[PDB]
*Asks:* 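The structure follows.
Count residues from 1 along the sequence. How was it done? The header gives X-ray crystallography, 2.3 Å. Heavy atoms only: backbone and side chains are in, while hydrogens, waters and symmetry mates are out. Whatever order the structure lists them in is the order used to number ligands and atoms, beginning at 1.
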Amino acid sequence: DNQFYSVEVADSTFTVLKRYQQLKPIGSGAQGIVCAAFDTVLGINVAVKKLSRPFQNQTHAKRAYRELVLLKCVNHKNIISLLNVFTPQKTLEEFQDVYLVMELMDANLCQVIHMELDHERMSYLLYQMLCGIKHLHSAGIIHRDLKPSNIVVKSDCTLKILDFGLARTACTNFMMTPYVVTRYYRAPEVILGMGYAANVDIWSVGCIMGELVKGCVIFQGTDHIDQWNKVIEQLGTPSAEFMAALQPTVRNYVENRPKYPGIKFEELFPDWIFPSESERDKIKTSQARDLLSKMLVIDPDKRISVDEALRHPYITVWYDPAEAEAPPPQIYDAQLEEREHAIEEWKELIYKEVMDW
Ligand SMILES: Cc1ccc(-n2nc(C(C)(C)C)cc2NC(=O)Nc2ccc(OCCN3CCOCC3)c3ccccc23)cc1
């Protein structure tokens, strides 16, 4: 051996390749622990996620296996890409821990929202988000949890989408980065229990987009019921056509709420909150608002697609087919994940996935 060394991190032990130095805990939960580290070989800072014996039970096992498999299906600069996957254990019989390495970014979108962004920066961030989303969707992956804390950035305005769910509990949780609840970013079709398609993510991008402008959460409801009130208060009561797709109980609840005409987007998102130094900013403001009005549509059938959004005048200035059309290596298949496995089998599946990386 002599490849691995151990360090005390949290209430645990990180046994990692000697190339990873200066480990500092930055995130913790029941499903995983993330440290910042310096990669001496790459000469860069990295983030190392430890999954501690992910096979310990059925819930942990399926989540560890799903993570490894999902990350196997993606290959895009605007999505988390693994620099390394390893285990310090040498055989299956003794296999215990899995370590995932990614590039350390500078900040998450939470820390970007209350900065003075211009149209060029805003449209570029949005462009990258859309590129990332398009890649995921073509890989058969709906994120479902697109929110500012799941989006990471560097000082050059480059951006990546990830999923920093660690199944956090009272004892386990610790964060060196801001967190925000998913609720504010859930599409109405999710809220109302409708069953959904990939464009739930487009709704989330519109919420994120609006927040980048206003500096405040767009639909800040106290709970899932209240989210709906905040949606209709601004966008207005949805169509009978939309309500017809609801289950009878949810349908009647929705029909019982006060009727709202909806606020004009020129009024919800006024010129003054946008950059306006030049005549060209005025043009860009109109484009941004138009794109916003097409993402924040209650009915997913009437909501803009990622394809259309990438072609929108606000976004298309950045369009490069090498980025916005890059295909994923394969489409995610949930078959082996949704198979039932004894713990020993999950152990071997996860093991093989690591050794194969
Ligand atoms: C159960 C489960 C299943 C799937 C996922 N999942 N799904 C996706 C898609 C949808 C985007 C493909 C991605 C992921 N997984 C992740 O995004 N995992 C990670 C999150 C946060 C991290 O570190 C955050 C710290 N941050 C890193 C960037 O630099 C600043 C600090 C990580 C650090 C190292 C390795 C993995 C990390 C997650 C969980």
*Asks:* What drug do the PDB records list at ligand 1?
*Replies:* BIRB 796
*Asks:* Main binding partner of BIRB 796 (ligand 1) in this structure, as named by the PDB entry?
*Replies:*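 It is bound most extensively to Mitogen-activated protein kinase 9.
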*Asks:* The entry lists a source organism for chain A; which one?
*Replies:*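 The PDB entry says Homo sapiens.
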*Asks:* Of all the atoms in BIRB 796 (ligand 1), which lie at a distance below 4.0 Å from a heavy atom belonging to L136?
*Replies:* 12 (C)
*Asks:* Among all protein heavy atoms, pick out the one at the shortest distance from atom 21 (C) of BIRB 796 (ligand 1); state its residue, atom name and that distance to 0.1 Å.
*Replies:*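 Ranking protein heavy atoms by distance from atom 21 (C) of BIRB 796 (ligand 1), first comes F164 CD1, 3.5 Å.
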*Asks:* Has BIRB 796 (ligand 1) got any nitrogen or oxygen that is less than 3.5 angstrom from a nitrogen or oxygen of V48?
*Replies:* no
*Asks:* What atoms in BIRB 796 (ligand 1) come closer than 4.0 Å to a heavy atom of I80?
*Replies:* 13 (C), 16 (C), 17 (O), 18 (N), 19 (C), 36 (C), 37 (C)
*Asks:* In chain A, which UniProt domain contributes the largest share of residues contacting BIRB 796 (ligand 1)?
*Replies:* Protein kinase
*Asks:* Of all the atoms in BIRB 796 (ligand 1), which lie at a distance below 4.0 Å from a heavy atom belonging to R63?
*Replies:*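 Every atom of BIRB 796 (ligand 1) under 4.0 Å from some heavy atom of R63: 1 (C).
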*Asks:* Would you check whether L104 reaches within less than 4.0 Å of BIRB 796 (ligand 1), judged by its heavy atoms?
*Replies:*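 Contact check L104 vs BIRB 796 (ligand 1): positive.
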*Asks:* With a cut-off of 4.0 Å, which atoms of BIRB 796 (ligand 1) are near a heavy atom of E103?
*Replies:*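 Selected atoms, number and element: 28 (C), 29 (O).
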*Asks:* Among the UniProt-annotated ATP-binding residues of chain A, which come within 4.0 Å of BIRB 796 (ligand 1) by any heavy atom?
*Replies:* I26, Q31, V34, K49
*Asks:* Please report which non-hydrogen protein atom sits nearest to atom 32 (C) of BIRB 796 (ligand 1), along with the residue it belongs to and the distance in Å to one decimal place.
*Replies:* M102 SD, 4.1 Å
*Asks:* Report the UniProt active-site residue in chain A closest to BIRB 796 (ligand 1), along with the least non-hydrogen distance to 1 Å.
*Replies:* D145, 8 Å
*Asks:* Looking at atom 15 (N) of BIRB 796 (ligand 1), what's its closest protein heavy atom, distance included?
*Replies:*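 Here the nearest protein heavy atom works out to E67 OE2, 2.8 Å.
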*Asks:* Do any nitrogen or oxygen atoms of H143 come within less than 3.5 Å of a nitrogen or oxygen of BIRB 796 (ligand 1)?
*Replies:*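 N/O-N/O distance below 3.5 Å does not exist for this pair.
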*Asks:* Which residue supplies the protein heavy atom nearest to atom 6 (N) of BIRB 796 (ligand 1), what is that atom called, and how far is it?
*Replies:*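 Sorting protein heavy atoms by distance from atom 6 (N) of BIRB 796 (ligand 1) puts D163 CB, 3.5 Å first.
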*Asks:* BIRB 796 (ligand 1) and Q31, any nitrogen or oxygen pair closer than 3.5 angstrom?
*Replies:* no
*Asks:* Could you list the atoms of BIRB 796 (ligand 1) found under 4.0 angstrom from a heavy atom of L70?
*Replies:*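 So the atoms of BIRB 796 (ligand 1) that pass are 4 (C).
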*Asks:* Okay, heavy atoms under 4.0 Å: who's in the binding site of BIRB 796 (ligand 1)?
*Replies:*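 Residues with a heavy atom in range: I26, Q31, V34, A47, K49, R63, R66, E67, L70, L71, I80, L100, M102, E103, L104, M105, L136, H143, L162, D163, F164.
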*Asks:* N or O contacts of BIRB 796 (ligand 1) with protein under 3.5 Å, please list pair by pair.
*Replies:*
| residue | atom | partner | partner atom | Å |
| --- | --- | --- | --- | --- |
| BIRB 796 (ligand 1) | 15 (N) | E67 | OE2 | 2.8 |
| BIRB 796 (ligand 1) | 17 (O) | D163 | N | 2.9 |
| BIRB 796 (ligand 1) | 17 (O) | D163 | O | 3.3 |
| BIRB 796 (ligand 1) | 18 (N) | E67 | OE2 | 2.8 |
| BIRB 796 (ligand 1) | 29 (O) | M105 | N | 2.8 |

